[PDB]
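Lab note: Heat shock protein HSP 90-alpha, ganetespib bound.
To find a chain, count down the sequence lines: A is the first, B the second, and so on, and within it residues start at 1. Atoms within a ligand are numbered from 1 in the order they appear, just like the ligands themselves.
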Number of protein chains: 2
Amino acid sequence: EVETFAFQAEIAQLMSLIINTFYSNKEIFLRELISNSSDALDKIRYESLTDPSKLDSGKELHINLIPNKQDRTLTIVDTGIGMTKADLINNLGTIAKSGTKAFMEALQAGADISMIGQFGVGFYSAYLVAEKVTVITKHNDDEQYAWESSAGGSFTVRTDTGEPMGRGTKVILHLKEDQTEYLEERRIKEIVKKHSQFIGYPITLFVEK
Amino acid sequence: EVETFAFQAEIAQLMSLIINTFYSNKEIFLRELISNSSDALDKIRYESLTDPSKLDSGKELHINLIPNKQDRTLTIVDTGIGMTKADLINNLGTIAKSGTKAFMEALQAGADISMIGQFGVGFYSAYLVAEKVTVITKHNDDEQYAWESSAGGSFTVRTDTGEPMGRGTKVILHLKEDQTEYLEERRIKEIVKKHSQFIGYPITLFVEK
Ligand SMILES: CC(C)c1cc(-c2n[nH]c(=O)n2-c2ccc3c(ccn3C)c2)c(O)cc1O
Ligand SMILES: CC(C)c1cc(-c2n[nH]c(=O)n2-c2ccc3c(ccn3C)c2)c(O)cc1O
Ligand SMILES: [Mg+2]
């Protein structure tokens, strides 16, 4: 079964702002997702200091970047703590209602779209480049779930009974037709170096066949 | 009773690096602490969406900056989620062993001390300016505790039975004698504007009598 939900009104506003504001510095989406993965990795790392069994679902803490030119998708995989079904539905674990409001007030006072991550809602910058986003996630305390949205005010959640991930989150960006530069190896490397050079976990850029 | 602990060896190394490396851009300490407070505020905000009683210990989410020229202290107060005694002792809730190692490897590959927060250990940059740091914290699930360290490889934890804080964390920096500029109103404002201008919670700079 696929369940369909409406975004809270503030998030629907934020998504529409991101989709419809003219803003050419779109590459910041990657740093925001990589920063989310690092946070999730910190979370499982910290919990595992008190309970080492929480790593039975996989001991390696890393981030993988997977371009696919045939599907026109960019996928960011991490082996972080993942999210429960309730986390997914509660705006992907973000404080999105209050962060959106503070963010949009900051935009009126001189802030820039690239500061979206300082308000806890950097995930939604995926819609700078993507027409649709899928989040597949597995938390130790729950089953594997897939969240999906093409904006337009709604999102879906379903169980993901295919290939298990052990533990972690996979964000699949279905890129807009004019944003395929973010599938290019040289472009991804350039962005990682500029905005995410020194982070606490290995980043592996997959190459294509 | 005051209990005395030894830092793990990696943290003692990191603290010694921060204290003994020549590095003039010391003002970044404030952004790191303010960023920690914002994270803790995000935490209580997110938990309160599922359980509004978690705000019975105080509903306002903010950050206060308190200089005191007579005591030569700078204090950052937030009403975030706070920390338990175990969190305090487990390196202040940080992943400090693994973050320190990754950080110091990053320092060898071109990173700079100001990137300390990208490795989850920004708190320890307090020792750029402070000879001693006190952390007084109150989490909903525990009693009020005071953590303290003047570096030198050890720290103390005691109960703090004086003035309750409801919920949150107070970081008291006892400034080094040559670092009193960070008590000046114009200096604090300048630093907040440069590094922490757009964040999701109000920052109030206290003035002095
Ligand atoms: C939100 C997006 C979809 C996302 C989430 C997680 C994730 N897995 N487990 C977690 O706790 N997180 C996480 C981490 C940071 C976050 C939130 C919410 C707000 N911030 C700042 C959630 C991830 O690893 C990658 C991601 O791109
Ligand atoms: C660590 C210092 C002392 C500190 C902690 C908390 C705090 N209270 N409750 C929390 O969870 N945190 C917190 C927040 C962020 C953190 C950690 C550890 C690593 N990062 C990145 C801890 C605070 O509000 C202010 C602070 O300066
Ligand atoms: Mg952060």
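- The structure holds ganetespib at ligands 1 and 2.
- Going by heavy atoms, the other chains that come closer than 4.0 Å to ganetespib (ligand 2) are B.
- With distances taken over non-hydrogen atoms, the option nearest atom 26 (C) of ganetespib (ligand 2) out of B:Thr84, B:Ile95, B:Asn36 is B:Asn36.
- Source organism (PDB entry) for chain B: Homo sapiens.
- Contacts of B:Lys43 with ganetespib (ligand 2), taken as heavy-atom pairs under 4.0 Å, involve the side chain alone.
- By the 3.5 Å distance cut-off applied to N or O atoms, B:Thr137 is not counted among the residues near ganetespib (ligand 2).
- Numbered from 1 in the order shown, with element, the atoms of ganetespib (ligand 2) that lie under 4.0 Å from a heavy atom of B:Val171 read 27 (O).
- In this structure, the binding site of ganetespib (ligand 2) at 4.0 Å (heavy atoms) is formed by B:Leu33, B:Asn36, B:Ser37, B:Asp39, B:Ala40, B:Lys43, B:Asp78, B:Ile81, B:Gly82, B:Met83, B:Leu92, B:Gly93, B:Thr94, B:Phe123, B:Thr169, B:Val171.
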